[PDB]
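Encoded as C-alpha cells, the structure appears first; notes follow it.
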Amino acid sequence: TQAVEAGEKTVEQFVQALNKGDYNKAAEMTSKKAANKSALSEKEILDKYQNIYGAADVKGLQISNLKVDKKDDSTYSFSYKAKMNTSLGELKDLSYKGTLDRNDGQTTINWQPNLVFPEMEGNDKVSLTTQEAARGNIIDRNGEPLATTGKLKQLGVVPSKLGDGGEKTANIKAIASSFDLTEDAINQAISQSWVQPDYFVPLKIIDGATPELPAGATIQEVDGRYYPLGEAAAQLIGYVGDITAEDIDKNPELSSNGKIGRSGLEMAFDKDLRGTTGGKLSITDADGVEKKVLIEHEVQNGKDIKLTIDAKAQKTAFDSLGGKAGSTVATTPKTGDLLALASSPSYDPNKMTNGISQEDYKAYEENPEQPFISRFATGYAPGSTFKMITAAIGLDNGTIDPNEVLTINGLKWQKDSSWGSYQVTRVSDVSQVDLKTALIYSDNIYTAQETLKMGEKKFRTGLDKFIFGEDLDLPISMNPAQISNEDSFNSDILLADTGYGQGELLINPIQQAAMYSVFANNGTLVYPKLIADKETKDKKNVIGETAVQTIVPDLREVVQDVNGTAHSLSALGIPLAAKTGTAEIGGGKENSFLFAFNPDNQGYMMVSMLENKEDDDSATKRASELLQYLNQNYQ
Ligand SMILES: *C(=O)[C@@H](NC(=O)Cc1ccccc1)[C@@H]1N[C@@H](C(=O)O)C(C)(C)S1
C-alpha cells in the first residue's frame, strides 16, 4: 500500500510532463530498456512523443479514474481514463493500460507504445490528414458582402523574363508606371533573401482592370480575404492574419495553414467564422496500412454573420468624415439596429491582410490621428448634447418649468464667490432664457443653474436610470460609460459641468445613441444591436413621456429656428430634431458633436462627432448626405 501511493505519484508526474510539452522529463521517468520494462530508451521516447504529439498538436492531457494495484513483487499494474485536445478535436475516453516498476527505492514506468495511444504496439505509426475549413462571410442587413474570401488578381514579376540589364530597368519603369508602384520597391522585392532567378516575386493586388503587362509582369489568380468597403469599415470588421505557431500552441483546433482574426469582428467572431478542421487521425501498420482510427469528421465551413450594418450607410457615414478624426453612429432607434459604425481616419484592411509592407505599417501605428482606434467605442465627454438628458431629468423630478424664464446677463456666471474665478460660459447673450431658448442657442448657464438648483441627489437619480456602468451585449471591446470618477461629485463646480456634458463624463458614440433613444421611444431606452437575428432589448420608463413630448418639439427648433445651432440642416427640408455640441478638451482642443433623428417616424437616429476639430469644421456640416439617405430608406 505504501508503494502503491508512490506509484500513483509517478503516473501523475508522467502525465504532467506530457501535458506541459516537456516530453524529455517524462522520458527520464521510465525504466531501463529491457524485454518487459521500457521498449525504447530515453532519447527514443522523447522523439516518439515529440514526433507524434507534435504532429497532432496534442495539448491538455488530463486523466481521471486512476486505479493502481499490484501484480507481483516489483511490478504494479495501473490503468486510467484520459482525454486530450488535438487539431482535429477532443480525444475523450482513452483507456490507458500499463505496468509500473519498483526496483531500488523509486518507481519508474515500464514504457510501451500503448502509452502514446491505447491500441499501439511495436513500431506502429500515426497518420494525420486534414482539410481546411473555408472561413465564413460577414454580411450587412441586406446581404451585401462586408468580409469575403474570393479570387484576387495578384501582380508579380519573374526576374528571368524581365531582362539582362538595360531592358530590365526599362521594364521595371514600365511596371512601376502601369500599376502605380514605386521603382525602388520593385527592385527591393526582387532582391530579398528568398528570391531566386525563376521565382514569382509578388508585388501588389489589382482591385480593378488589369492594364497591359510589360515584359516580366504576370498575373496569378489566388484566393484570399477581401473587404469590399475597405477602410470604410476597417475598425469594425477588422482583418485576418497568418496563423503563427504561438496561436496553434494556445488553440490547437486552428488551421496553421489558414488565417486568424486579429481585430474587430474577424477576431471577435473567429470561432464562428473559421469553422472546424476536418480530417482523420489514425494509427497505421508498421508499413503504413490503416489499423485503428482515433478521430474523424468532415470539414465544416465557417458560418456566416449577418450584421445590422447598412453597407451603403456605412460607406456614406465614413466618407462624410473626409478622412478627419471622428466617428459616426447610425441606428434605427426603435429596435436598436446599428446601421453604421464608422471611424476615421482608417487603415486599409485589404492591404493589411494581403501582405503589408513594414514601412506602411509604421505609418499606421505612428499617425497621430491613430487610424487603428475604434472611435465609436472610445469614451468621450458628450458636450452640449447631454443637455437633453439633464433637461429631461429636471422635467421628470419637477425642477424644470418649461415656461419658466431665467434672467441671465452677460456671458459668464458663478453660483457664488466661493467658485473663485471659474465661471460657466455661454456663447449667446440672451437675457430671457427658458428651456426652449436654452436648447436653441445651447446655453450653458441655464443648464448650470438648473443643475445646481436640482442638486446632486436628484441629478444622479435620473442618471442612474440610464446605462452608466452597464456592459452592452455587443461584440465590441468597450468600457462602460461613467458619470464621474467616483460615486459623488463632491463639487458644485463639477456638478454644474456634468449638467452640460463637460465634466468627468465618458460616453462613447454607441452608448450615446443608446442613451438618446429615449427621445424616439416615449422615454423607453432601446439597447443597440449589431447581430440582425438577435432580439430587441429595451428598458422601460427611463424618462417620462411628458419630458419627451416637451423636449423633442424644442429640438425641432434647434434645426428650424433662424438662430438655432443646427440651422444649416433645415436646407434638407426633412423632419429633423437635433442638438449640436462642442466639447472643450483640456492647447484648446475641441470635439464637435451632432445628435439628430426623425421626430415624425423615429426611423433613424444619428450621433456623429469630430475629434480635435479644425476651425469652422463640425459634424453638422457633414451630416446632410447621411441624413438624406437615412430619411429616404429608414422610416
Ligand atoms: C456645448 O457643447 C456648448 N459648448 C460649451 O459649453 C463649450 C464651448 C466650446 C466651444 C466654443 C464655445 C463654448 C455649446 N454647444 C456648442 C454647439 O452646440 O456647437 C456651441 C458652440 C453652441 S457652445
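Chain A residue numbers are taken from the PDB entry; in order, the displayed residues are 39-624, 630-678. Below, all heavy atoms of this structure are taken into account, side chains as well, without hydrogens, waters or symmetry copies. Numbering of ligands and ligand atoms starts at 1, following listing order. Determination method: X-ray crystallography, 3.0 Å.
- At ligand 1, the drug present is benzylpenicillin (bound form).
- Short version: main partner of benzylpenicillin (bound form, ligand 1), named per the PDB entry, is Penicillin binding protein 5.
- Counting heavy atoms within 4.0 Å, the binding site of benzylpenicillin (bound form, ligand 1) comprises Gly421, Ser422, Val465, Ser480, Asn482, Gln540, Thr603, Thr618, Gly619, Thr620, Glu622, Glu633.
- The deposit names the source of chain A as Enterococcus faecium.
- The model ties benzylpenicillin (bound form, ligand 1) to the chain through a covalent bond at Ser422 OG.
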